[PDB]
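Numbered from 1 within each chain, the chains take letters A, B, ... in sequence-line order. For this deposited structure, the header notes the method as X-ray crystallography, 2.6 Å.
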There are 10 protein chains.
Amino acid sequence: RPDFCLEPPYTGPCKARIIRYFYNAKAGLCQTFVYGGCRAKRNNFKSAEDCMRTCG
Amino acid sequence: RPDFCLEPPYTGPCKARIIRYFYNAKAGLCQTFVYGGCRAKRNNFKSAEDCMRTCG
Amino acid sequence: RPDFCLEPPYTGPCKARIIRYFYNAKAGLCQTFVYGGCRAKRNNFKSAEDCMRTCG
Amino acid sequence: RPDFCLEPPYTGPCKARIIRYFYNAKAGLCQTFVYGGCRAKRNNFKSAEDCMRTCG
Amino acid sequence: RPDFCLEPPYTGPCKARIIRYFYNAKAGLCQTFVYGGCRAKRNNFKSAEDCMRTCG
Amino acid sequence: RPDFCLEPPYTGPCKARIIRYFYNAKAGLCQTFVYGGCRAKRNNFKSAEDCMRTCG
Amino acid sequence: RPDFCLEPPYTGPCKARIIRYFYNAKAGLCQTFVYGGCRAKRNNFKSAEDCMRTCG
Amino acid sequence: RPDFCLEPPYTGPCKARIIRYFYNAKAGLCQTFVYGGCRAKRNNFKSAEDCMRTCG
Amino acid sequence: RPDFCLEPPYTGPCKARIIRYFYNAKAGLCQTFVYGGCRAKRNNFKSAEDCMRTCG
Amino acid sequence: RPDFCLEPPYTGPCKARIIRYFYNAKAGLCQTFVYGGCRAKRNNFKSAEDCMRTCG
């Protein structure tokens, strides 16, 4: 499992309010958080599928 | 019909304005509510189809 | 966890070749399968999010 | 509810494999069916929410 | 065309600003409006094809 | 309305099967047809909204 | 091309902020503008494809 | 406009039948074609806005 | 690669909050940025694939 | 850069023609391949954005 999947989700400094998915290491599944629209870190997925499959 | 299908919709603490679907037991079908983007409860569906079939 | 999440995925008799998601009880996560487009059973989700959240 | 809501789903002659939604009076909910692309009848919805709200 | 197709469009008390279609009986065509995310009335269509097929 | 709104729908030579909208001068509204993927003619719209707005 | 392809883009009175396309008669192509959600005018397309096809 | 915008559209050896846009240098506008799913050449756009902004 | 690929992202003046993609020469890949809705500059892509293929 | 980012794309045994993204290490960016719809390996991304960030 990529180390980056253990990083807290990261909204960044931008205005948008968009759903993205991140791996919650502790709950052990992908959840939703709000993403500003810029300067994404790696635990950030457009698609929940991609999320589970990358950090499952 | 899972228990969670009877809990009221939960916006959550986040500040997004994301349309979602919850099963309305009183009414007997899925309806739209506004989801804040994080900390979702289980009566929350990105897809209306998924909502009617899971809670139908 | 809804009992229906333990049912094998079910393509049905229709022509379409569409991705949908089902809960693989054994692997313990949601995966892709092909859905014919009609006569869905309950372990079938338009959205991977909805899938995890309903059968996680 | 409207009366076209009582018609059976019509795939029509054309060759596309597009998921659409029809009200199924019997089961009392909107379901998926394959629409062929041309010559649709009235019990036929692009959006499941439209179907639940119109024929629900 | 069903009676509700004559109801004026209804935004609702919710906080989203999402595009929906309504049948405008005067002009005799479907048009856009802003729906606020919840408590939609029946003359409210996510898809335009559904609006004109159901009300036009 | 533009004179192109009257010409029949042109599926074209290509092999794809994509739902597109066209103005049905006779029936007075926009209906679906199957576009092939190339050599489109002008009575051909990706969006049903656009079709009614332009040819309605 | 239709005479409506020349009129300026009409954002309108409504509160939404939706990206739409319009024909820029001057620059000779379709550009983006922000539509408000209601009282659209005809130089307004949901699909960029439609815009170039109609006004190009 | 970059040179590749002049390359004719390329379907590829793959088996899908997906709509894409290419700049057609003769006509001087972007148009549709069928891409087969793999080994796209650069004059191949998922979005039309991107095609005309990049090649038009 | 084209030279507009070297420009910095431009949000422009308008108020929408739409994720778009720009090539970031420094990091050597396309990234997200917020586009405002009007007056886009050329290093601006609706689709990430378009961005990677055009400026990759 | 996870190991899986270097495995070749895998269509799988299913018969869908679903566009997806894999990271091409040889080329140094994500490209499209055709995914059969089941039994996906990890170098499979519904979203190009997710692909470039996970394997970039």
What drug or investigational compound is present at chain F?
aprotinin
Mind telling me what name the entry has for chain F?
Pancreatic trypsin inhibitor
